[PDB]
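The following structure holds triclosan.
Order of the sequence lines fixes the chain letters, A, B, ..., with proteins taken first and strands second; residue numbering starts at 1 for each chain. This deposition comes from X-ray crystallography, 2.6 Å. Just so it is clear, the values below take in all heavy atoms, side chains as well, and ignore hydrogens, waters and symmetry mates. Ligands are counted one by one from 1 in listed order, and the atoms in each one are counted from 1 as well.
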Number of protein chains: 4
Amino acid sequence: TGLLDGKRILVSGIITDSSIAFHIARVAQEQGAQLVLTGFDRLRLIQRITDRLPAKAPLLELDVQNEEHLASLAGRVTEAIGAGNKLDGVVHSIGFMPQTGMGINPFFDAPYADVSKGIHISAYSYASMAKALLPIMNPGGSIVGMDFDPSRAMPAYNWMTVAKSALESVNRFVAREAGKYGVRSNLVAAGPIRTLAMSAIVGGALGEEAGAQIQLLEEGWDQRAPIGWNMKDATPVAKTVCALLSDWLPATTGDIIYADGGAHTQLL
Amino acid sequence: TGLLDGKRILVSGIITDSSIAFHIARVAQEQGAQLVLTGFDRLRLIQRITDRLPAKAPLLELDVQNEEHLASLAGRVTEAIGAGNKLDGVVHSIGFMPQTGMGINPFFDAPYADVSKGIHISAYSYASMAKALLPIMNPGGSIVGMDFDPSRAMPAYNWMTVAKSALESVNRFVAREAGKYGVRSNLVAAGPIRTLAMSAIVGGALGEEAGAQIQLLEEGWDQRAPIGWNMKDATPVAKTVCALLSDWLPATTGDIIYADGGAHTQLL
Amino acid sequence: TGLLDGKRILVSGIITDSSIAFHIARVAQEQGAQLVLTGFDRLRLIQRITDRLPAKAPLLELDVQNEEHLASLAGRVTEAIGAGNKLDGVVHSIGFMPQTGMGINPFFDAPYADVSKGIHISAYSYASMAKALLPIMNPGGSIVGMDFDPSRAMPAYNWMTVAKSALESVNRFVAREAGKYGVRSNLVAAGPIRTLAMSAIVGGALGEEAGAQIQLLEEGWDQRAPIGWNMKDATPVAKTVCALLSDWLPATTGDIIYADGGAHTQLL
Amino acid sequence: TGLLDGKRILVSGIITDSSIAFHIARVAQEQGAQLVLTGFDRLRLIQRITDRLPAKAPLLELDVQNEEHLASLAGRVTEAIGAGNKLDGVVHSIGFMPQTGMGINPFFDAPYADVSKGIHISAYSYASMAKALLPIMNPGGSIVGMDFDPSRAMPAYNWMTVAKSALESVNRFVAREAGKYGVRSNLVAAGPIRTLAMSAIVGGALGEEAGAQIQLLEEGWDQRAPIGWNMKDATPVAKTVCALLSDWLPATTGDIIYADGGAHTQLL
Ligand SMILES: NC(=O)c1ccc[n+]([C@@H]2O[C@H](COP(=O)([O-])OP(=O)(O)OC[C@H]3O[C@@H](n4cnc5c(N)ncnc54)[C@H](O)[C@@H]3O)[C@@H](O)[C@H]2O)c1
Ligand SMILES: NC(=O)c1ccc[n+]([C@@H]2O[C@H](COP(=O)([O-])OP(=O)(O)OC[C@H]3O[C@@H](n4cnc5c(N)ncnc54)[C@H](O)[C@@H]3O)[C@@H](O)[C@H]2O)c1
Ligand SMILES: NC(=O)c1ccc[n+]([C@@H]2O[C@H](COP(=O)([O-])OP(=O)(O)OC[C@H]3O[C@@H](n4cnc5c(N)ncnc54)[C@H](O)[C@@H]3O)[C@@H](O)[C@H]2O)c1
Ligand SMILES: NC(=O)c1ccc[n+]([C@@H]2O[C@H](COP(=O)([O-])OP(=O)(O)OC[C@H]3O[C@@H](n4cnc5c(N)ncnc54)[C@H](O)[C@@H]3O)[C@@H](O)[C@H]2O)c1
Ligand SMILES: Oc1cc(Cl)ccc1Oc1ccc(Cl)cc1Cl
Ligand SMILES: Oc1cc(Cl)ccc1Oc1ccc(Cl)cc1Cl
Ligand SMILES: Oc1cc(Cl)ccc1Oc1ccc(Cl)cc1Cl
Ligand SMILES: Oc1cc(Cl)ccc1Oc1ccc(Cl)cc1Cl
Ligand SMILES: Oc1cc(Cl)ccc1Oc1ccc(Cl)cc1Cl
Ligand SMILES: Oc1cc(Cl)ccc1Oc1ccc(Cl)cc1Cl
């Protein structure tokens, strides 16, 4: 086919070629889809990275803490894909949390401004991002954001866990909004993946103990995952997303798909 | 081209032109997949029904309560798709619970021996069928079974619920077995679909009030469903089965996918 | 004798004679527990309200958005229950979300800065309150907070839902912290209770159709509830909080207990 | 009090003084409650064990695979507690599975008769047990059975996992039945406990590998459990049950309480 053939999808979240958003972006192109991209803080420095990709993309500035960039989103996206033209997808592949809310830093010593910043970026934005892009989105289309399963507590994810719990809650509201448009809204709970927002994360060897709470993460997840799990390889999470963007899951919304190797279904 | 070009796939459970398996076989085929089919005791019935599929495909007896068929089955399947050629997909769309287990019939009056039969056919069969079909499956291959969200109580479903709770659990284990061969196990939790048997209960064959309980229950999927649910269109669900059978969710096994238009994620 | 003979217990959140905390303080007391109480900015209001409790008990200002109260609080609590005497129980019955976050107000139009306030007060406060009160707690002691089942979408609750999703997650971590001191953390997921603010929304202060949405939603707890649910009787819920504060669930922490008459376990 | 004061509760499942049912039985007596007991296969040999207990008990034969013993249950129980006298509780502390369905024995090599036997005993019976005893049970009373969390697959629990998934499904039906009587019905998902149906289980050193998948179980669960977990000590699971029998959780049914040290809420 080109499983995303002719489809016109925006893809947020890139900042290196180890970014998952990069990998969704790649696969979506391998597969048919004229793209539009967003980046946060040097674009300059990103365009170099989005170049590294098969086909090419209008790449627009977007800082999701900016009321001013969101108000315009819809504007700019129509410039760049043409007029009388709407989007068929959207990828929220964005997140962030102060070092304070994460790693060995005690849980109680994060002050709320720090956490607020996390939630806003990792949580709220899925909803701004849908408020801005649904008006220019077609029937039978799709939004996807990237989750990491927060049902259970764990060490190191600390307050990011709490943001991800809020993400899932948001996601199902946004589905209720999106469905007035014929749009689906779903997350992809992914298994762990080698991106430098991880070697931030616990990170940075804030440890030497942290060659460890990363090796043992990769062993952990591979052991539990009935089909095994490769932390060096985003393409299984990226193919799973293109699936949601696809029409082949036309009756799932409000929902969370786990591309984690079925590790979450096993206790050990 | 799209989804299944090349893939050989068993598909259980055809009994009517309206059976969920049938709409699975159809879509499988229109997506370039060559099949073997199974069916249970009304066999030349099944051949008339399966003649209305796009491609012909062979068809084999298979009552999952009988070991001489289970034993014999990889034998017969190999035989109808050619020696040293193996199966990339398998679909159990099978299920049964004596009427004693269901509707208006009091919950406490189902004899264990009716309940043991429904659990045999609806839940244990998924394993016994995996046991037998895994020797002729192929890496990156896919088994998918049919589910109804058993995770909470409801009118009518009664002890089919309890079987579906058993299946969700069998499936995790089956994944734990199937990963040995590079094979995913997964269920698809569908919304209600107006099969024949359901056109009959809506039409009053269980009584002029039994049919109302089922109707308010039934009817509130669409009301809950962010993108609606139409129970007289099985296509979204068959489309969902193909997604699992495809290479496009390779990091999910052990799990359940909700093809219920989103409703299981909303309260009202 | 029964439940709490001997136990010293803080209990947040009294604002009305109908507040869920109040019916908690009452039952705590009738069960032989000596208390300290907190409240927020309508302070001599709180003293008239708390005069109708069986025993007197002291009362302290505590707005959880302010650090000089949080800092100061174990100071003040120690002071009102006597030096080298510590707390066996703690109750957060606190919660707020601007009206922009709720009812008929469109989901996408709540400004992050309203959402960050509701999450501050409803969810982050549970940690910041544990941080401060754990130094003066005692082994086998108990913290319990108030929840509403946020695990799926619904009309009205909107972004309070998203906060409650955050709380369920904070609570797991707080347990992970509190176990350091032989202290359980747990939430109680209540059914709806006709507090004052809710007698007002049922009575139409959000509009002659906003009040209907809430009524069909509200009303179907009792219909779902295997043992009924009466929202103008907060006693079962206060009774439930005491169970947690008691020695009689010592192997449960991190968790949520559903005091909703069973309804969250049934579909219809 | 005697938190179960004056209360009249039947307690099934004893066969040694390491049985959990033994421990619930003890604590319920420590606490006020005239008991009635059931045992399975030498009673003879059990009465010696139920003697070991504080106060004393009518101890009745009950093999839950016997249509004949259930038909009589209600009869015998009224002989033994007097007439114009009903029960206020019931403890399903019973289970069983063929060696075949458990341990290193492959999952696929259990034949269905074996599993049927498991489900019947571990699953169905909660429901026969409520069908027989609700007719002689009072308003505001309670039934409890013992769960071990089956949401995730794991090794060794094999088909017992599947029975426990069916138990939870059953439990919420039985609650729907029980509530016509004012009766609650709930499970207690317990953490692991040293009982000789465990050193059956994997068991019997069917291993030497099995000093191990038991030490590592005890280490596992203690590590994850924010308040720590002692596998040599049933009393925390037993106090949790008496709690359900109590009136202090008067608004929970259909439900599952976890007395596992909050290990299930943590991933690690
Ligand atoms: N790394 C993993 O194993 C993993 C696993 C599961 C889920 N996730 C989630 O998947 C998503 C992708 O993360 P990733 O690991 O590819 O890391 P990444 O660092 O490559 O991506 C993070 C992105 O968020 C962007 N970002 C930060 N603030 C922004 C803002 N204010 N506005 C717009 N974009 C902003 C950054 O520019 C960056 O592109 C995130 O939600 C992450 O939490 C990651
Ligand atoms: N119909 C729905 O709305 C719905 C919703 C969710 C899940 N499901 C599930 O989908 C599956 C199919 O049901 P359907 O809707 O296609 O109804 P159906 O009646 O068309 O399918 C049932 C199949 O089970 C077969 N069967 C019973 N005993 C058998 C045996 N011993 N050996 C082989 N086959 C046997 C029937 O012959 C038929 O082929 C079942 O799992 C059902 O529980 C159906
Ligand atoms: N009412 C229900 O039907 C219901 C159901 C489930 C959960 N809950 C939860 O129970 C809790 C109590 O609500 P309620 O029903 O008792 O309503 P309420 O209005 O009586 O209680 C809210 C409390 O939060 C306080 N508050 C707000 N901001 C504060 C601050 N900065 N510092 C200290 N206190 C502050 C209020 O003053 C009051 O004391 C909340 O968690 C609520 O979300 C209520
Ligand atoms: N041992 C544990 O760590 C653990 C943990 C969680 C849950 N559980 C569950 O708690 C419950 C108590 O088990 P336990 O470990 O105390 O083991 P146990 O062997 O002491 O109790 C098992 C009981 O089931 C009874 N039983 C077997 N067949 C019976 C029948 N046909 N009719 C009536 N009774 C019958 C036996 O006589 C025995 O009393 C069971 O459901 C078990 O699965 C046990
Ligand atoms: O959520 C994640 C989960 C995993 Cl296992 C790995 C990376 C993840 O993503 C992040 C974690 C922390 C920050 Cl500050 C930013 C991002 Cl994107
Ligand atoms: O699981 C199901 C759920 C729904 Cl809502 C509708 C039909 C279903 O499927 C069955 C129900 C009862 C029997 Cl006897 C056989 C089957 Cl296939
Ligand atoms: O009718 C139903 C409707 C729903 Cl939504 C769920 C279960 C139902 O019950 C049945 C489904 C199939 C068969 Cl054959 C018999 C019965 Cl009673
Ligand atoms: O969480 C709740 C759930 C329900 Cl059904 C009813 C009341 C609740 O509590 C609140 C809702 C909104 C605000 Cl602003 C403050 C509080 Cl305390
Ligand atoms: O009204 C409600 C009823 C339910 Cl069952 C759940 C949430 C509701 O919404 C509210 C609860 C409290 C406040 Cl102050 C405002 C609103 Cl809109
Ligand atoms: O369910 C259990 C879980 C654990 Cl960790 C320990 C014991 C358990 O209980 C049983 C396990 C197997 C058999 Cl054959 C009988 C029983 Cl009572």
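- The ligands or chains that make up triclosan in this structure: ligands 5, 6, 7, 8, 9 and 10.
- Lab note: most contacts to triclosan (ligand 5) come from the chain the PDB entry lists as Enoyl-[acyl-carrier-protein] reductase [NADH].
- Chains with a heavy atom under 4.0 Å from triclosan (ligand 5): A.
- Defined by non-hydrogen atoms within 4.0 Å, the binding site of triclosan (ligand 5) is A:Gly95, A:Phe96, A:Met97, A:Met102, A:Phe148, A:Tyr157, A:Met160, A:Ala197, A:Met198, A:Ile201.
- Within 4.0 Å of triclosan (ligand 5), counting heavy atoms, one finds these UniProt NAD(+)-binding residues of chain A: A:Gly95.
- Protein heavy atom nearest atom 17 (Cl) of triclosan (ligand 5), with residue, atom name and distance: A:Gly95 O, 3.8 Å.
- Atom 9 (O) of triclosan (ligand 5) has A:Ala197 O, 4.0 Å as its closest protein atom, hydrogens excluded (heavy atom only).
- Here the heavy atom of the protein found nearest to atom 15 (C) of triclosan (ligand 5) is A:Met160 CE, 3.5 Å.
- Numbered from 1 in the order shown, with element, the atoms of triclosan (ligand 5) that lie under 4.0 Å from a heavy atom of A:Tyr157 read 1 (O), 2 (C), 3 (C).
- Of the residues that UniProt lists as binding substrate in chain A, those with a heavy atom under 4.0 Å from triclosan (ligand 5) are the following: A:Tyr157.
- Each of the atoms 14 (Cl) of triclosan (ligand 5) lies under 4.0 Å from some heavy atom of A:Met97.
- Listed by atom number, the atoms of triclosan (ligand 5) under 4.0 Å from A:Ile201 heavy atoms are 11 (C), 12 (C), 13 (C).
- In terms of protein heavy-atom proximity, atom 12 (C) of triclosan (ligand 5) is closest to A:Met102 CE, 3.1 Å.
- Counting protein heavy atoms only, atom 6 (C) of triclosan (ligand 5) is closest to A:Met198 CG, 3.8 Å.
- The source field of the entry for chain A reads Mycobacterium tuberculosis.
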